[PDB]
Colleague: 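Please find one structure pasted underneath; my questions will follow.
In what follows, chains carry the letters A, B, and so on, assigned in the order in which the sequence lines appear, proteins first and then strands, with residues in each chain numbered from 1. For the numbers below, each heavy atom of this structure counts, side chains included, while hydrogens, waters and symmetry mates do not. Both counts, for ligands and for their atoms, begin at 1 and track the order of listing. We read in the header that X-ray crystallography, 1.9 Å was used to get this structure.
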Protein chains: 2
Amino acid sequence: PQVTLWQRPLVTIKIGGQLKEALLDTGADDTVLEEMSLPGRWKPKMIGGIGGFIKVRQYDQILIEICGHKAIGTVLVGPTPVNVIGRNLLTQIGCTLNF
Amino acid sequence: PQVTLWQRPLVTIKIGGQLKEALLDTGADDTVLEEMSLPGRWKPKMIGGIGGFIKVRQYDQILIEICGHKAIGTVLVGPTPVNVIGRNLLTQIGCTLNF
Ligand SMILES: Nc1cccc(CN2C(=O)N(Cc3cccc(N)c3)[C@H](Cc3ccccc3)[C@H](O)[C@@H](O)[C@H]2Cc2ccccc2)c1
């Protein structure tokens, strides 16, 4: 779809059986979700943002549906305020920025 | 133009007679730039990011040229580690997201 930026570019995602909403975020290199149960192994990671750093745990090879689109990648689950889909996944759903 | 998201979407801006690069950021509601000299007065505010919150200075009615397009808006200046152009200016230059 084409999305204009008058409102937050929010989308529905399905991850691990659960349905969420998440912000499409061109400025994020990574995807990070608030705490949710994911199965599997994970490794700790830390990421920086405005504000400072958070400790996060990294899951790889996670399937996500974003709108209908499926993709698989790394998701970081952590204490973010908002669930962010970052460039790692945006490339897979073919997302483009246009002006 | 069209920007894909395989690399970070940076653009040149001209702000306060100075030339900078910044990140086109659909997830950000506000424009936040690193410390620099803008003329004029400003109010303090704080903003939340990941990792927490920072205090910034709000300037209103500032001219910025983003990739050659001019815009006027609120810019926040403060301790970000990267310059971020958020939805308040992205909207003025007609930026769309699409997939
Ligand atoms: N790797 C990574 C993954 C996910 C998020 C971030 C860190 N980010 C933020 O903290 N933001 C707060 C931010 C940035 C600018 C303005 C505002 N209002 C908020 C928002 C996302 C956001 C988080 C929490 C609440 C709302 C939005 C912005 O939209 C994101 O692109 C980046 C901006 C950024 C900051 C530092 C370094 C690189 C990129 C980093």
Colleague: List the macromolecule sharing the largest contact count with ligand 1, named according to the PDB entry.
Modeller: HIV-1 protease
Colleague: Please pick one of DMP-450, XL888, BGJ398 as the drug found at ligand 1.
Modeller: DMP-450
Colleague: Which chain letters belong to other chains having any non-hydrogen atom below 4.0 Å from DMP-450?
Modeller: A, B
Colleague: Which atoms of DMP-450 sit under 4.0 Å from any heavy atom of A:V32?
Modeller: 4 (C)
Colleague: Looking only at protein heavy atoms, which one is nearest to atom 15 (C) of DMP-450, and what is the separation?
Modeller: B:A28 CB, 3.5 Å
Colleague: What does the entry say the source organism of chain A is?
Modeller: Human immunodeficiency virus 1
Colleague: Check if A:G48 has a non-hydrogen atom at a distance under 4.0 Å from any atom of DMP-450.
Modeller: yes
Colleague: If you measure every N or O of A:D25 against every N or O of DMP-450, does any of those distances drop under 3.5 Å?
Modeller: yes
Colleague: Could you find the nearest protein heavy atom to atom 9 (C) of DMP-450 and give me its residue, atom name and distance?
Modeller: A:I50 N, 4.1 Å
Colleague: For A:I47, is at least one N or O under 3.5 Å away from an N or O on DMP-450?
Modeller: no
Colleague: Please determine whether any non-hydrogen atom of A:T80 lies less than 4.0 Å from an atom of DMP-450.
Modeller: no
Colleague: My understanding is that we take every heavy atom of each candidate and find the minimum distance to atom 37 (C) of DMP-450. Doing that for B:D30, B:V82, A:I85, which one comes out nearest?
Modeller: B:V82
Colleague: At a non-hydrogen distance cut-off of under 4.0 Å, which region of A:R87 contacts DMP-450 (side chain, backbone, both, or neither)?
Modeller: neither
Colleague: Are any of the N/O atoms on A:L23, whether in the backbone or the side chain, positioned under 3.5 angstrom from an N/O atom of DMP-450?
Modeller: no
Colleague: Nearest protein heavy atom to atom 11 (N) of DMP-450: under 4.0 Å?
Modeller: no
Colleague: Looking only at protein heavy atoms, identify the closest one to atom 7 (C) of DMP-450 and say how far it is in Å.
Modeller: A:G49 CA, 3.5 Å
Colleague: Give me the residue, atom name and distance of the protein heavy atom closest to atom 39 (C) of DMP-450.
Modeller: A:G27 O, 3.6 Å
Colleague: Identify the binding-site residues of DMP-450 using a heavy-atom cut-off of 4.0 Å.
Modeller: A:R8, A:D25, A:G27, A:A28, A:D29, A:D30, A:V32, A:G48, A:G49, A:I50, A:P81, A:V82, A:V84, B:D25, B:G27, B:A28, B:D29, B:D30, B:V32, B:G48, B:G49, B:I50, B:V82, B:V84
